[PDB]
Amino acid sequence: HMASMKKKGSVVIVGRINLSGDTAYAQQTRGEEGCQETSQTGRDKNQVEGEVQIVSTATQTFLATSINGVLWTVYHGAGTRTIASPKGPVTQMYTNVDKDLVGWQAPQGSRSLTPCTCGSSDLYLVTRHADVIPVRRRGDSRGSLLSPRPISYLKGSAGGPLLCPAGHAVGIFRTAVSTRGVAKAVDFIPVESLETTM
Ligand SMILES: CC(C)(C)OC(=O)N[C@H]1CCCCC/C=C\[C@@H]2C[C@@]2(C(=O)NS(=O)(=O)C2CC2)NC(=O)[C@@H]2C[C@@H](OC(=O)n3cc4cccc(F)c4c3)CN2C1=O
Ligand SMILES: [Zn+2]
């Protein structure tokens, strides 16, 4: 029993969504074999850049977003896992299963988004494929897609940001509201809920 019990690996940063220029695009920074090794050791010496990371476990891939010096993502992707870092695995600093939220100290080299104080309801969702999708805010934690899409297009983007027109963080993408496989709306953890957690 006890001597053979395994440990879950760390979450590993495997890429990023580049939002620095005039064109948004995904970049991969680590392949699958390196990901598997890094998840086991928890030691990731790769340089981190940007606000939105593409992250992976052994079994899932999703997004994580830096806001106020914390790299946030969804519990349904990360569970209670550590994140791999240059000095070894780093324990979560926030875990809230009720909000579907986790966070770790933001990695060195990352850039953080600023929480939105605009009160604007014209939002933009950034996906793991670097699609920037307009979303009208419809409540505290809900927004409608201006152009509905099959849920396939959104899968793997939980943990990504909803941004206001000025590029502030408004929320973290959590669930898709789908009818017959088509996403007409999204639900997100509002940035105020992060700010309170902090
Ligand atoms: C709530 C409502 C209205 C009934 O809708 C839905 O339950 N809908 C579904 C539609 C699923 C079809 C794919 C949709 C495409 C993209 C979805 C964004 C996404 C994703 O990309 N994940 S991932 O692939 O990156 C993945 C690798 C990280 N999330 C999901 O699938 C989540 C995961 C699962 O929810 C949860 O486990 N919890 C645990 C929670 C605890 C507290 C609060 C919560 F809300 C919680 C939500 C169901 N999910 C939905 O979205
Ligand atoms: Zn704003």
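All chain A residue numbers match the PDB entry; in order, they span 982-1179. In each ligand, atom 1 is the first atom listed, and ligand 1 is the first ligand listed.
The chain that ligand 1 touches most here appears in the PDB entry under the name Genome polyprotein.
What sits at ligand 1 is the drug danoprevir. Checked by distance only, danoprevir (ligand 1) and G1137 come closer than 3.5 Å through their nitrogen or oxygen atoms. The entry names the source of chain A as Hepatitis C virus subtype 1a.
The nearest heavy-atom contact from the protein to atom 3 (C) of danoprevir (ligand 1) is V1158 CG2, 4.2 Å. Ranking the protein heavy atoms by distance from atom 13 (C) of danoprevir (ligand 1) puts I1132 CD1, 4.1 Å first. Checked by distance only, danoprevir (ligand 1) and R1155 come closer than 3.5 Å through their nitrogen or oxygen atoms. Close contacts of danoprevir (ligand 1) with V1078, meaning ligand atoms under 4.0 Å from a residue heavy atom, involve 41 (C), 42 (C). Closest protein heavy atom to atom 38 (N) of danoprevir (ligand 1): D1081 OD2, 3.8 Å. Of all the atoms in danoprevir (ligand 1), the ones that sit under 4.0 Å from a non-hydrogen atom of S1138 are 21 (O), 25 (O). Those atoms of danoprevir (ligand 1) with a heavy atom of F1154 less than 4.0 angstrom away are 18 (C). Remark: minimum distance from atom 17 (C) of danoprevir (ligand 1) to any protein heavy atom is reached at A1157 N, 3.9 Å. Shortest contact from atom 1 (C) of danoprevir (ligand 1) to any protein heavy atom: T1156 OG1, 3.8 Å. The nearest heavy-atom contact from the protein to atom 37 (O) of danoprevir (ligand 1) is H1057 CB, 3.4 Å. Taking every heavy atom under 4.0 Å from danoprevir (ligand 1), one finds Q1041, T1042, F1043, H1057, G1058, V1078, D1079, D1081, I1132, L1135, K1136, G1137, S1138, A1139, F1154, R1155, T1156, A1157.
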